[PDB]
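Taking it in order: structure first as structure tokens, then the write-up.
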Amino acid sequence: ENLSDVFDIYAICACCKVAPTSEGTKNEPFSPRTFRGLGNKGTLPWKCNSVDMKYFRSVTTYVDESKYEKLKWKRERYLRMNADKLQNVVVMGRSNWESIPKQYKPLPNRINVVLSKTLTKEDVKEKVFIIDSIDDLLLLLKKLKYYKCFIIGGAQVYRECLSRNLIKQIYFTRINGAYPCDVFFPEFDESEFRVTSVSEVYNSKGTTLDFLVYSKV
Ligand SMILES: NC(=O)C1=CN([C@@H]2O[C@H](COP(=O)(O)OP(=O)(O)OC[C@H]3O[C@@H](n4cnc5c(N)ncnc54)[C@H](OP(=O)(O)O)[C@@H]3O)[C@@H](O)[C@H]2O)C=CC1
Ligand SMILES: CCc1nc(N)nc(N)c1-c1ccc(Cl)cc1
């Protein structure tokens, strides 16, 4: 009855502290969420961060063949009632797909999926599934051999999956720095997600950061 568990749908993101503004109705100097800044002008708020990229890459790439068996059965039973290299699935919005550096798209060692009702195969020469909605993602997953399904961006992609309770875990990176932002991470029922992993602190050129993991418990 839990699709996020049956199809191992997780979410991964990186958020920073929002940089204040002296004009407008959007300045929150006492926000209860110190880390809510997701993007700024179609780009990352902090630009580049070697550690986070390394972490994100590792996480969304790692596969354990010695664990797929259990997963295959879990999905077979559900479906009831192709010798393809085992890989994870990454799901992104059109913007995110259009920002990836040419030499990184499609994401290496990963099955890429882009949510869009505008793009077409004719215009994208790279291998990647294009879907109209989350419902189509579900369909795709029901008939696709993969390890885990990672949602990597952006705002609305995250917001629809949460509200539809399709998220088993959340990989949350906390960038410790203030940056101007215009896109933020959506809010969710914190109560149904308990923090199950708290990493040590890390440093990326004076900018500290850490990695958390919440599990729908
Ligand atoms: N720090 C982090 O971890 C992350 C940061 N970001 C940042 O976020 C900003 C991008 O934000 P945003 O424009 O929201 O990004 P998206 O990548 O979601 O692009 C929006 C577009 O994606 C499509 N889309 C989004 N949701 C859906 C949906 N539910 N169904 C179908 N299509 C959908 C639409 O395409 P169409 O119009 O073709 O239908 C849409 O107009 C950037 O600055 C990026 O760097 C993004 C992810 C993670
Ligand atoms: C390395 C950035 C990064 N770090 C973390 N922690 N989570 C993410 N989801 C992304 C990310 C954002 C946009 C694209 Cl297009 C690909 C990945």
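The first residue in the sequence is number 1, and the count goes up from there. Indexing begins at 1, ligand by ligand and atom by atom, following the structure's order. Header says: X-ray crystallography, 2.5 Å.
- Lab note: drug at ligand 2, from pyrimethamine, ibuprofen, ethoxzolamide, diprophylline, identified as pyrimethamine.
- Structurally, the greatest contact with pyrimethamine (ligand 2) is made by what the PDB entry calls dihydrofolate reductase-thymidylate synthase.
- When hydrogens are left out, the protein atom nearest atom 12 (C) of pyrimethamine (ligand 2) is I152 O, 3.8 Å; that is the closest non-hydrogen contact.
- In this structure, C13 has a heavy atom closer than 4.0 Å to pyrimethamine (ligand 2).
- Remark: pyrimethamine (ligand 2) atoms within the under-4.0 Å shell around heavy atoms of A14 are 4 (N), 5 (C), 6 (N), 7 (N).
- Polar contact with pyrimethamine (ligand 2): absent for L44 (N/O pair, distance under 3.5 Å).
- Interface atoms of pyrimethamine (ligand 2) facing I100, defined by a heavy-atom separation under 4.0 Å, are 15 (Cl).
- Within pyrimethamine (ligand 2), the atoms closer than 4.0 Å to a non-hydrogen atom of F56 are 4 (N), 5 (C), 7 (N), 8 (C), 9 (N), 10 (C), 17 (C), numbered from 1 in the order shown.
- Where the criterion is an N or O separation shorter than 3.5 Å, residue side chain and backbone included, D52 meets it with respect to pyrimethamine (ligand 2).
- Under a 4.0 Å criterion applied to the non-hydrogen atoms of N96, pyrimethamine (ligand 2) contributes the atoms 13 (C), 14 (C), 15 (Cl).
- At a heavy-atom distance under 4.0 Å, only side-chain atoms of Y158, from C-beta outward, approach pyrimethamine (ligand 2).
- By chain and number, the binding site of pyrimethamine (ligand 2) at a non-hydrogen cut-off of 4.0 Å is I12, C13, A14, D52, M53, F56, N96, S99, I100, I152, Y158, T173.
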